Asks: 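This entry shows BIIB021 within the model.
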Amino acid sequence: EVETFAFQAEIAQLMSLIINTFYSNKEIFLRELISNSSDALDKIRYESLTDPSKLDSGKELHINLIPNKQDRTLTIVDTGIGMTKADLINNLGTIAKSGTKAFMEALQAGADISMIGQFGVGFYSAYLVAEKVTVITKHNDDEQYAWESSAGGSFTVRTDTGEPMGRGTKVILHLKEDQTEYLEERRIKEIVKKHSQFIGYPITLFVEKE
Ligand SMILES: COc1c(C)cnc(Cn2cnc3c(Cl)nc(N)nc32)c1C
Ligand SMILES: [Mg+2]
């Protein structure tokens, strides 16, 4: 049921740079993932204007932030367009190869990690704070899939059997032991107000019952 794939060499080199560089400004990961969710919501909204049945899988367009201190996870959920199996296995890595190479150029010349988003590879900044990332996703045209990687040069894809989503994407960050500040409600609110105040969809921060 689970298929294992190698990352393309450039992506693998990027993930190793991100994991093993000393860089203290790690909070930018959350800005980049919210920006990704916003773009995904823009895309389904646009598609729905000429085919309203694209929203039959769900009319709400929003972003939820869900910390869980018991599992040490931070989950970002959106109801955007989602990703197909072809996206997860090939398309995303292929479009990213070009920006990755330029980002690794931009860096040695005189750039810092915070500009990662300008090269279209902001997703990989998740590995600043995560030892593992799980992505659950459902596109209109495909089934529900789970993607997972602890970096390491490989990732897995499997059909997901968990609770159905309808449509969209769930990024689950399994946080490193020393990065648990991003589970605190005060800290998340500081980052969102600082970096994402002008996002055009409701962002709901769920509170923990613990
Ligand atoms: C499988 O994990 C990803 C990989 C390997 C590369 N980029 C993105 C960003 N990304 C691309 N499309 C995305 C959509 Cl439709 N939505 C979100 N929220 N992120 C996306 C994701 C989630
Ligand atoms: Mg809600």
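In chain A, numbers come from the PDB entry; the residues present are 16-225, in order. Atoms within each ligand, like the ligands themselves, are counted from 1 in listed order.
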Asks: Just need the ligand numbers or chain letters for BIIB021, all copies if there are several.
Replies: ligand 1
Asks: Which macromolecule does BIIB021 (ligand 1) make the most contacts with, named the way UniProt names it?
Replies: Heat shock protein HSP 90-alpha
Asks: At under 4.0 Å between heavy atoms, is it the side chain or the backbone of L103 that contacts BIIB021 (ligand 1), or both, or neither?
Replies: side chain
Asks: Show the atoms of BIIB021 (ligand 1) that are less than 4.0 angstrom away from any heavy atom in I96.
Replies: 15 (Cl)
Asks: Atom 2 (O) of BIIB021 (ligand 1): which protein heavy atom is closest, and how many Å away?
Replies: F138 CZ, 3.5 Å
Asks: Relative to atom 10 (N) of BIIB021 (ligand 1), which among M98, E47, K58, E163 owns the nearest non-hydrogen atom?
Replies: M98
Asks: Among all protein non-hydrogen atoms, which one is nearest to atom 14 (C) of BIIB021 (ligand 1), and what is the separation to 0.1 Å?
Replies: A55 CB, 3.9 Å
Asks: How far is atom 11 (C) of BIIB021 (ligand 1) from the closest protein heavy atom, and which atom is that?
Replies: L107 CD2, 3.7 Å
Asks: Considering only the protein, which heavy-atom contact is closest to atom 19 (N) of BIIB021 (ligand 1), and what is its distance?
Replies: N51 CB, 3.9 Å
Asks: Given that the side chain starts at C-beta and the backbone is N, CA, C, O, which of these parts of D93 lies under 4.0 Å from BIIB021 (ligand 1), counting heavy atoms, or is it both or neither?
Replies: side chain
Asks: So is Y139 polar-close to BIIB021 (ligand 1), meaning N/O to N/O under 3.5 Å?
Replies: no
Asks: Heavy-atom contact under 4.0 Å between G97 and BIIB021 (ligand 1)?
Replies: yes
Asks: How is the binding site of BIIB021 (ligand 1) composed, by chain and residue number, at heavy atoms under 4.0 Å?
Replies: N51, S52, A55, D93, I96, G97, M98, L103, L107, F138, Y139, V150, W162, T184
